[PDB]
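What follows is a model of protein cereblon carrying bound S-thalidomide.
Numbered from 1 within each chain, the chains take letters A, B, ... in sequence-line order. Looks like X-ray crystallography, 3.0 Å, at least that's what the header says. All ligand and atom numbering here is 1-based and tracks the order in the structure. The figures here come from the full heavy-atom set of this structure, side chains too, leaving out hydrogens, waters and symmetry mates.
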Amino acid sequence: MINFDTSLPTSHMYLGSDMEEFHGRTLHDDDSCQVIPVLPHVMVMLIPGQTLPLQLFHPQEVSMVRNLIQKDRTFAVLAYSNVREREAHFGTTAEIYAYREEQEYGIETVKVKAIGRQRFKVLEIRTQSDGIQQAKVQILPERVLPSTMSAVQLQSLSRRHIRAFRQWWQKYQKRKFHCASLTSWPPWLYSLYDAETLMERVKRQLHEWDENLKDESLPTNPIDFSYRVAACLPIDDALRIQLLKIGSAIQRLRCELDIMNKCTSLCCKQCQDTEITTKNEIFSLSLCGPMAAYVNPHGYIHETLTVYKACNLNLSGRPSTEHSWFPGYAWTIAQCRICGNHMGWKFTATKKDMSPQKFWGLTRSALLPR
Amino acid sequence: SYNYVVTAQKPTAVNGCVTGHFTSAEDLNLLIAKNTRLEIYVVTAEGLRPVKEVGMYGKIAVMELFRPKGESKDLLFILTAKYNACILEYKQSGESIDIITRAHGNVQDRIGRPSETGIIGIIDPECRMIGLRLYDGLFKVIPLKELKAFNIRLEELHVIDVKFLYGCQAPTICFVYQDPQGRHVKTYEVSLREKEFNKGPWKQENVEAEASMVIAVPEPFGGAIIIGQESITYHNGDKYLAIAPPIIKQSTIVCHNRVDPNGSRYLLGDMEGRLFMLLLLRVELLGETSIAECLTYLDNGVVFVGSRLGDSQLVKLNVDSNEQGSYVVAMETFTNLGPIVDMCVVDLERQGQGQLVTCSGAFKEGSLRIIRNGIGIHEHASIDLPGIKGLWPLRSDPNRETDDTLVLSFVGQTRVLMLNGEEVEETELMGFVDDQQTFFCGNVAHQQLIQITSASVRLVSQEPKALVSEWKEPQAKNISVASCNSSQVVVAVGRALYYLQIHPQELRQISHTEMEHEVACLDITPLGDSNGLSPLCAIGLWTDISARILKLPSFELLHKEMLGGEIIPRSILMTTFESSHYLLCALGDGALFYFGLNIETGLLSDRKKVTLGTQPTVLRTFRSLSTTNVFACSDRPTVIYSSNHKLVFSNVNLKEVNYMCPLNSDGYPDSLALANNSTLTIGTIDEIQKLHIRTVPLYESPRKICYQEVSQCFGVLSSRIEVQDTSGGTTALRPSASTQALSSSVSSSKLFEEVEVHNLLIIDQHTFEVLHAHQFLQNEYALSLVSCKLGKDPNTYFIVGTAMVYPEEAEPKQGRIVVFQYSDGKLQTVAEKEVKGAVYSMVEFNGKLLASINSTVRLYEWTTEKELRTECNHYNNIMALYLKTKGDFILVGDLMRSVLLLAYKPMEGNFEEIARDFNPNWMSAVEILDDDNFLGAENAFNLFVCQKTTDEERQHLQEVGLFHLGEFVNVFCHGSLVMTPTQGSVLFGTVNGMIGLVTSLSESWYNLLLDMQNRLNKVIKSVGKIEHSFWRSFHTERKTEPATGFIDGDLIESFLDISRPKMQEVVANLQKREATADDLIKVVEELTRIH
Ligand SMILES: O=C1CC[C@H](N2C(=O)c3ccccc3C2=O)C(=O)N1
Ligand SMILES: [Zn+2]
């Protein structure tokens, strides 16, 4: 069993404690048009509810956020379809929740912790002289649908409220979707569209990853739940945008289950056929899932996946604890044995009593679920 | 695209029913809710008295009667699904009946989540308030003009059921609620003066884990009766009484009713149709009924069973059990088509005449329903007598009340038939002539008989049969036209008319006149409270083409209508429908004119023309179910009846009828003698209504239906529930269609507690008998069914798409596509193709099979080796539930409205994604309208229509039609129940048994009718005063947008029903081009002909 504190990674301690906390929440009306600034050195895709850690040092970026605190506190994170030609049709708003200004080495620096809020549709990208871009965006509403049976049942059967759990779920299907007999589809088909059902199917995989998971930590709402899960699936950029376009929590859960089931092996994106790890080696060392976004000392965001065993990897150099994202663990650079692609790191415990004693931190940009 | 939607058949299913004194405080009333309809009745004790039927602009959710303090009768509260609240009072003054709104308002909250256990509408016993549970965590209160409402923060979020407690100083509500600890019953006191809740009279007593309903019991008992799965408990503070009867374990109790007003007996009903008696605690099983949605005790012993899954009932609760042991006996059955889960249009009987065969009901109430437009005749005798020119019934015995003689007329001859019970025999009536053609004969005044021939008027006595009197024209001329009642005779001799009176042994000539032109037709039917003596004579004339109302005996002209044309009036008739007097006049071209007639003045008003046939129409009056009707004999035989003081014309299902008369004999009672070109047929008439419904009970669930012409039979997918027996299999619950098959078969496996058993039924298109039943594999769920020809093969195959369903599996991993051939009265399995998923849909795609396997869409080629071969695949990322096609254009559908259009490239042999749309909402049905449009059913009982230079424009579909139907459509079908202004015809079947029709309109015709709708809504008074625009507004829990690209046919059709000055108001300045009321009458009439 694991004795590492799963809460520790989510707090980004490497970013330093003693940060100015902000409580106040900003939310834009559905379908409403907004003009939000864009951070020039952010190239990651942010899912709503996801924590984005930043370390900004470029004067124009520092001034941008410094001014952003004085107002809205929200910026735009673009989901690039082509990161080279900087093309994006969708994105997510990031609201700063923790902030800290420092001054060192002749420069003014700022460290932030933001959270994904609202998905948007890009309407136009205007550029300012300082390098910071502004984005005319249209807020995409979250589409909540009622029970599949809500409409068809306007009757007496309405007042029938929702191992060995197996029989409860069968009694649940038989009861909740009894009025399917009035329709042209079976109860087993309506289950494939039931939020509670689809969630319990995902919760099954989440528990295979976090063996010490307590259901109280998981969000009750399928809106918050679908998004939490979306942000921890090690998938390619093309599939991630497709997931971000999804408006329904049901369509999202159904999608995530397809990804979770069809998934088997995770290879090196560069040489494509070199297998690095498998679905069975994935595990949650953080409460926000097996995969999460972290910043290196130069502000580059690495979305890293925690796995117990990795295969064609070569380590170089000696372990380091500097800027470690998992306190108590030391990192050592890992590259693909075949091509030399930087795959992530090997994390090793600094104390004999720690569990896991070793794991692998793989960046999703290096992986390909092919 | 602009569409038109009209109701072919109103909803049949019962949503709710109540008893009280709504009309008068004397009459016991039964109010039935059929969704958008309200049927009001009086308990006849010897039947059911239909008083009024009112339509509403909403779906009924709540319906409960109440009498607040001093009132002449009862006030009715109704709450719609769109949260329209209203109090209705009954108002009657003579033949005029009107429902009156007392208070109205919309109770919907700006925010809040609609509760899981539905809308709960309770009323305080002292009529102090209205309690509404629409949203969880709030309790809305309406103290019973604008229906003022307020909320109270209800701490317990999950409320199962709630009722207002009887006999309380301060109003109290008792509710069953569930929390993570368990399910407990609680009490709260509702204060009006403080607008808040305060602690209830008794403690939160713990109830059953599956406690479902609260039954508020009146004084001297008080408190509540909580009903669960296994237990029935009673709570009254310190008073407790817990019972667990085994008889209620099989099925959950879903409905109840109060039998004794004090609260000593209660009716209980389960999901399996069992009826129980809760005596005050003891429970006794009474018997079996239809699966009751609602129950109502009325009068003594009689009970109303309101069924939504099957036919509604009237049953008698006898004090003594029969031989079988049932205290329940079925009295009357009421046709319910709902739910329509699938249907098809088939030209059964006659080609061009479409019939609609549906998969109706569920479980033991499962049936097939055949819906055919027109009234039918039930033949009891058929005789070869060609060229009949007339039919008249007679009573040869004055002592007898029944007809025993039938008199036939032929070219220059007369034959007489006698009815010796069921035996028809050729005879000769003494006094009557056989060598002359008869124009009239019948029983007349002073126990006599008359016979008007081309030569004379003959009067014959009945004891004995002999000629007592005879009348002739003075110059021995021939009688041209003739009319006769019981006391009077009016005969025409070219232009001349003669008025005679039937006296004892005398035919007295009273008066005579000369007409302006030749006489074409005559009528002297006595109308109103006239004791067989008519003061009026109706006459049609040649050359001038005029319908004239003449006074008797003077022959004075009272009215003269100029019918217009070169076509002479052939038949004329004075009649009475629903106490209103009318004049009917039929022309030689098959055209019928119908006016209202004033008995005193003679004035013909409200001229209406209706085209019946191609041949001259003959009008004969007949009696059916103690109601006067008119049979219109032509190549399109028609019954002319009255419905809401407006004349209705329903067709008869007969090739042609030339002449007819009503025959009431000892052998043929309350019958109709009909004559065509070759034969005379004696028979009984069906129900005088627009549509006819034949019921084929299956006693199991019908799911899918298709038709094979080459086999003269239907393919029906059905399922039956079987229980797990103490053996290696399962046993049936009752005999059903799939068990009682003529020839049976089972699937042979080749692939690797209540059970659902699936079957492919074979039913004959005439007899409707199960010729064959093919039982599917264990755990095999049959989904799709199609009867077509594939590839080069000339044999039609019944193809079924299945799914292997297991509890552990979420999405089926296996499935089959089974090809069957129906030959020699037995299904022969041709091909068995195993697929890696569920076969939700299948469609014949230009000689190929297009079938869905979960997310994938497959195209199969039918080889000479007689086995399907995989051609091309399309992987969609969305479940292929819906699969519709037209040419090389394919529609792929999801339950969440995710539609994507595919195109098969013949030379490439691959699928191309034309367009896509992803806007989440629940979708129940979809159909392709044309090359560029498609129709569908959306969440919250709505209908929609989607249409088709730049790629980012062409690859996207646009929502052109939005309409709130108020119904849940399960099936769309191309076809018509009828034998141009509009384009196409798509029928639709709903959960409530409602059938509808969707047709296309032109851009300007849409605007004309839309403008008309806005004007009609200013004239028409809405029940409960709901705005039509609001009712039709595309509604979801999120958005409510006004209806677009759709015309409410039901509303448009009520223009022909409004008063003539109100029609003038609607058409005034309507229109640019000007529009006459006469122009708009023709347009609206033309639209009624589509259904
Ligand atoms: O836990 C970790 C893994 C290593 C990671 N890391 C980097 O990605 C990096 C890039 C360049 C210079 C220094 C670093 C460093 O410490 C880091 O910051 N934390
Ligand atoms: Zn590599």
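In this structure, every copy of S-thalidomide sits at ligand 1. Under a 4.0 Å heavy-atom cut-off, the other chains found next to S-thalidomide are A. Counting only non-hydrogen atoms, the residues of chain A annotated by UniProt as (S)-thalidomide-binding that lie closer than 4.0 Å to S-thalidomide amount to A/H323, A/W325, A/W331.
The bulk of residues of chain A touching S-thalidomide reside in UniProt domain cult. The 4.0 Å heavy-atom shell around S-thalidomide contains A/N296, A/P297, A/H298, A/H302, A/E322, A/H323, A/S324, A/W325, A/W331, A/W345, A/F347.
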